[PDB]
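Presented below is an entry in which one can find rosiglitazone.
Chain letters run alphabetically, one per sequence line, in listed order. Residues 202-262, 269-476, in that order, are what chain A shows, numbered as in the PDB entry. Following the PDB entry, chain B residues are numbered 141-152, in order. When a ligand or atom number is given, it counts from 1 through the structure's own listing order. These values consider heavy atoms only, across backbone and side chains, with no hydrogens, waters or symmetry-generated copies.
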Amino acid sequence: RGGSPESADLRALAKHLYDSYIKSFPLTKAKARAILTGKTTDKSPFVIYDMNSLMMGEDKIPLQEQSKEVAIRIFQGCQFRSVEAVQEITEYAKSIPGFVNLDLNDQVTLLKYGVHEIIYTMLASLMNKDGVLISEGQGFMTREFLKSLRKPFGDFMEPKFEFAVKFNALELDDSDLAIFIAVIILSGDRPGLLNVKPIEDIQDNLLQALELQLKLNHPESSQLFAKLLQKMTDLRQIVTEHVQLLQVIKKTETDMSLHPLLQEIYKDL
Amino acid sequence: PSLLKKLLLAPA
Ligand SMILES: CN(CCOc1ccc(C[C@@H]2SC(=O)NC2=O)cc1)c1ccccn1
């Protein structure tokens, strides 16, 4: 197997995924880390560290906002970004070979469960210990300022920060993440799946592409792949918090009104 | 499946 045609084919799959990923997701990790660590020559993100700076940066570039309190205005924006995300992930999923040929209801189910874990995964790219990059790198909202927000809003992100800190320590790049993300979407153990075997078949192929990618791209980290498989369970565990915090719009938050798409992804889960 | 379906079907 070492350097056979099958291994060459696993690289072709990896590159295909990575290209689809470049195309699906406008801001990549490489681009996000360049801004986060102040490497760019040209970037200047707007920093939101308090209520006043929030007033200033809010209109980076109408009647969506109304006259609502800050914590709610913020999470209205969080709802939209996340709808953009779901749409990009959906498009990315469709580029995974074999995906569009699965039963359509199984596609749905896979996205329904996979999308939250992928949001958590990709958000880490946009986070350091201090805050998170927003509006494609045009803004940065501090962790501290998000903590200052009234309950329940003030501790939405905090768990996302904690996950990000530990996941970022693994130093995956965008080519590693493309395969990892695909593996997550093609999970054969979601509830309600009709045809589990063709899904497990695509995933096993993806898991192998992943294993090879990590050996070639991270030759000094012998346990990386084992660590990634562990983050997969972690993700399943963290996402239930997220799922529940978005049911808080049952009530209170009688002025929230959840985005129709997010409602669909949350219910009967 | 409604909305996710719709996204999944749209050539795009
Ligand atoms: C603070 N931010 C981004 C916050 O970062 C996010 C955290 C969680 C999610 C998951 C979404 S939010 C939701 O309602 N359900 C979901 O799946 C999505 C983004 C803002 C705020 C305003 C404009 C742009 N960005």
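For rosiglitazone, the chief contact partner in this model is given in the PDB entry as Peroxisome proliferator-activated receptor gamma.
At a heavy-atom cut-off of 4.0 Å, other chains contacting rosiglitazone: A.
Protein heavy atom in closest approach to atom 16 (C) of rosiglitazone: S289(A) OG, 3.0 Å. Proximity by heavy atom, under 4.0 Å to rosiglitazone, holds for these of the UniProt rosiglitazone-binding residues in chain A: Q286(A), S289(A), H323(A), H449(A), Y473(A).
Atom 13 (C) of rosiglitazone has its closest protein heavy atom at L453(A) CD2, 3.4 Å. If you check which protein heavy atom lies closest to atom 21 (C) of rosiglitazone, you get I281(A) O, 3.6 Å. Remark: among candidates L465(A), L333(A), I341(A), the nearest residue to atom 25 (N) of rosiglitazone is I341(A), based on non-hydrogen atoms. Only the side chain of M364(A) comes within contact range of rosiglitazone, with a heavy atom under 4.0 Å; no backbone atom does.
The closest protein non-hydrogen atom to atom 10 (C) of rosiglitazone is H449(A) CE1, 3.2 Å. Nearest to atom 24 (C) of rosiglitazone by heavy-atom distance, out of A292(A), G258(A), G284(A), is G284(A). Set against the non-hydrogen atoms of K367(A), the atoms of rosiglitazone under 4.0 Å away are 7 (C), 8 (C). Within chain A, UniProt domain annotation places most contacts with rosiglitazone in NR LBD. Under a 4.0 angstrom heavy-atom cut-off, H323(A) registers as being in contact with rosiglitazone.
Annotation: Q286(A) places no N or O atom under 3.5 Å from an N or O atom of rosiglitazone; distance criterion only.
Regarding atom 6 (C) of rosiglitazone, its nearest protein heavy-atom neighbour is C285(A) SG, 3.5 Å. Residue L330(A) approaches rosiglitazone through these ligand atoms, each under 4.0 Å from one of its heavy atoms: 5 (O), 6 (C), 7 (C). Annotation: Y473(A) places an N or O atom under 3.5 Å from an N or O atom of rosiglitazone; distance criterion only. Residue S342(A) has no N or O atom closer than 3.5 Å to an N or O atom of rosiglitazone.
Within 4.0 Å of rosiglitazone on heavy-atom distance sit the residues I281(A), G284(A), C285(A), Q286(A), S289(A), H323(A), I326(A), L330(A), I341(A), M364(A), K367(A), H449(A), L453(A), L469(A), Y473(A).
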